[PDB]
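Figure: (S)-carprofen in its bound pose on DNA polymerase III subunit beta.
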Protein chains: 2
Amino acid sequence: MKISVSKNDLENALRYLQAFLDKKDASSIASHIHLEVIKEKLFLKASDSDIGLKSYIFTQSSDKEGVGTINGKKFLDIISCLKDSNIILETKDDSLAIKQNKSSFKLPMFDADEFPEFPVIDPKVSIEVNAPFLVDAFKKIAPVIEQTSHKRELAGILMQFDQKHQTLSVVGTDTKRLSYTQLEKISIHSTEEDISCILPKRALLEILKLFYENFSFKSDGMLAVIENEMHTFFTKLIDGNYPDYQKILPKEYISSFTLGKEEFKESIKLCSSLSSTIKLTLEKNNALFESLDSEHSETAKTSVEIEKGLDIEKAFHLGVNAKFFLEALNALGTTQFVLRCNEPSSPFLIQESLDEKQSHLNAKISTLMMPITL
Amino acid sequence: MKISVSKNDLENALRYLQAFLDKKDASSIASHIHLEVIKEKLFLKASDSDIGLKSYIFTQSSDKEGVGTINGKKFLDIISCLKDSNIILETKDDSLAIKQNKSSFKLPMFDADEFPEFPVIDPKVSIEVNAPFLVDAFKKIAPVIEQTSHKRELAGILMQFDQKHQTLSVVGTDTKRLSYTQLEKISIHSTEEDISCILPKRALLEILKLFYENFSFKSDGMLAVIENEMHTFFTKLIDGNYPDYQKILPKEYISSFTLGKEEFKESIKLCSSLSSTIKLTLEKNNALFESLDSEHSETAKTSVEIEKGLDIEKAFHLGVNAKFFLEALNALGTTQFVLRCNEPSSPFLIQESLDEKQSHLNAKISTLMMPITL
Ligand SMILES: C[C@H](C(=O)O)c1ccc2c(c1)[nH]c1ccc(Cl)cc12
Ligand SMILES: C[C@H](C(=O)O)c1ccc2c(c1)[nH]c1ccc(Cl)cc12
């Protein structure tokens, strides 16, 4: 191989690749990036049985095509220390030479055949994502999912496609809260009417770094492959039977309250200075907040006026987990929210104000949460 | 006690105080700040046998004078969550009440008599620091000092006062490098012609957060007390016999080279991507840099043109520790530096370009460093 490339193009590609390297043992090919120069592109890949990324940059010049490997961390550390002007990469046996005016480096290459082949699938489902709504869903639902969950299928996000009705339902839960959205009018191409994919949390986080809009999502029910102009990503899927989220959602709610999002955030954060759980009291024209699990001589209280009166007689009391309630608020796009309740001992819902209205470049995420007793 | 205070004044004071609290065991008075309201001031202190801080803020109103205590971390966490408008602090038995419009808190106070008395000294030496030169010295020399040094007197910075000659010499070493400056024309008030104070590294770091200029420094040879308008700080001194730094500095240097500071930083950083130590080669019109301790198939090289020729025949070679050499450069205020050498196996000096010229609001820090053999 012998090429010249743009310093900034190469730095960028390498930063994205760092997440897919096992960097600690530099002696192992798991710390290296595979390189391949073909027809005016440098392809760079790092991969695994269960997750991987392939990218390319255009070569400024390309003189010798072929393949090789290089330690990814060291490569990125060298290139980040050079000026913003072309870099020459050239093999010299089982070594890669890096050159930029007076600065020169040599790093060892490993056998390129030891690199795992980058997998390709025959898709059973596919979509073109032309707007940010899916990543928006991903980002808003991610905090409810535990990556190190000892329960296998909850350690990822559900994507549930309905070809019939052109919907993609997206769901996360950790058993204490469950956040979901149903995306409308998605042109789904599928060999099945209804198909489901559970994506590991770790892949979800990597997707949020790589993709925003204008990408394809394709799955064979075993791997998902996500692709845009410069990147191909893949992940193993989690093995299956995601819980029936539809069965767990309440059918109706005794009470529905429209409440101020930012005033509830500030009030909850304030009380959480001394407690992880809060007693919320709703009256007609007031919301009161009190630390609940505080140490017994430590107390935080606040309140907020509700100008447009709630439909309450006396007072409804609800124990909440502060962090979870805030995360539910953080996932909302509106200035107000709706809190839907049944008994104080049963799960309650948090959603956007006017949640039926249809929005094209944002998802609308609802959260069901289990209350704290008392 | 019952006062009202400014939210921002109180937040600031509390942040500075966090460093002097043992925060993990909330049940111990070592996690609390002592409070005392006298004559339109709230005094806040946190202290130890060996280090401490006392601050004050003005009260907006003061109704009941007295004393109390409060958990410092919790207090700061509450106040950081309130609006930028007055806060009422009021005792209610062995509890402190905090109130701001609709928001109210209670925290437990401990017995104020269990708080250690804040020490006062009869000074043997004293100065008024009216400019940033001393903190500038502190900041530039601090990186060479190991706080967890198993050698007692090297775990701090030397301050060596000469009443006769109105100088304050300031020195740090970790045995591999030694950085020093001698500050001129300091009005020293002392009962001795020559006196020395070794300040612990930990106190040095706290001083850099609290003080800049317009402060007094006073010592009895056992504690140092540093004071400005709003703060009194103290520290135990380290017990003594700081090494004779003057004896360890070479008398003359065979070679002195004026070299480019920023070009040497970039070159060293670049080579340090693969190695902690570097081979520097100086020729007449070039400086060459090569990684030295790199893994044997990994190599970094660069060079820089020296336009105004050095006074060299063939080439001088010097092994350096990259991190130390950079820290020595970082401590300099000029665009160029002077590198003074004897044999490549002996210590070499790094100083500012034109180091004799006298500068009033910056210190000039020189660094002696032991080379790496080969
Ligand atoms: C079936 C699955 C499981 O038990 O792991 C499951 C997962 C999440 C929930 C649940 C049951 N039952 C629930 C009730 C309320 C909420 Cl917020 C979440 C859940
Ligand atoms: C006396 C003291 C010690 O041995 O601990 C000491 C401390 C620092 C140095 C030294 C001797 N001899 C040296 C030679 C060079 C340098 Cl940079 C520092 C030192």
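Order of sequence lines = order of chain letters (A, B, ...). Residue numbering for chain A follows the PDB entry; the residues present correspond to positions 2-375, in that order. Note that chain B is numbered according to the PDB entry, with residues 2-375 shown in order. Computed over heavy atoms, backbone and side chain alike; hydrogens, waters and symmetry mates excluded. Order of appearance sets the numbers: ligands from 1, and atoms from 1 within every ligand.
Other chains having non-hydrogen atoms less than 4.0 Å from (S)-carprofen (ligand 1): A. By chain and number, the binding site of (S)-carprofen (ligand 1) at a non-hydrogen cut-off of 4.0 Å is A:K152, A:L155, A:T174, A:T176, A:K177, A:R178, A:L179, A:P244, A:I249, A:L369, A:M370, A:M371. The atoms of (S)-carprofen (ligand 1) that sit less than 4.0 Å from any heavy atom of A:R178 are 17 (Cl). Scanning all protein heavy atoms for the shortest distance to atom 18 (C) of (S)-carprofen (ligand 1) gives A:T176 O, 3.6 Å. Under a 4.0 Å criterion applied to the non-hydrogen atoms of A:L179, (S)-carprofen (ligand 1) contributes the atoms 17 (Cl).
Remark: (S)-carprofen (ligand 1) atoms within the under-4.0 Å shell around heavy atoms of A:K152 are 5 (O). Under a 4.0 Å criterion applied to the non-hydrogen atoms of A:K177, (S)-carprofen (ligand 1) contributes the atoms 17 (Cl). Scanning the protein for heavy atoms near atom 11 (C) of (S)-carprofen (ligand 1), the closest one is A:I249 CD1, 4.0 Å. The entry attributes the origin of chain A to Helicobacter pylori. From the protein, the heavy atom lying nearest to atom 2 (C) of (S)-carprofen (ligand 1) is A:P244 CB, 4.0 Å. In terms of protein heavy-atom proximity, atom 17 (Cl) of (S)-carprofen (ligand 1) is nearest to A:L369 O, 3.2 Å. In this structure, atom 4 (O) of (S)-carprofen (ligand 1) has its sub-4.0 angstrom surroundings free of protein heavy atoms. Near A:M371, meaning under 4.0 Å from one of its heavy atoms, (S)-carprofen (ligand 1) places the atoms 15 (C).
Atom 8 (C) of (S)-carprofen (ligand 1) has as its closest protein heavy atom A:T174 OG1, 3.5 Å.
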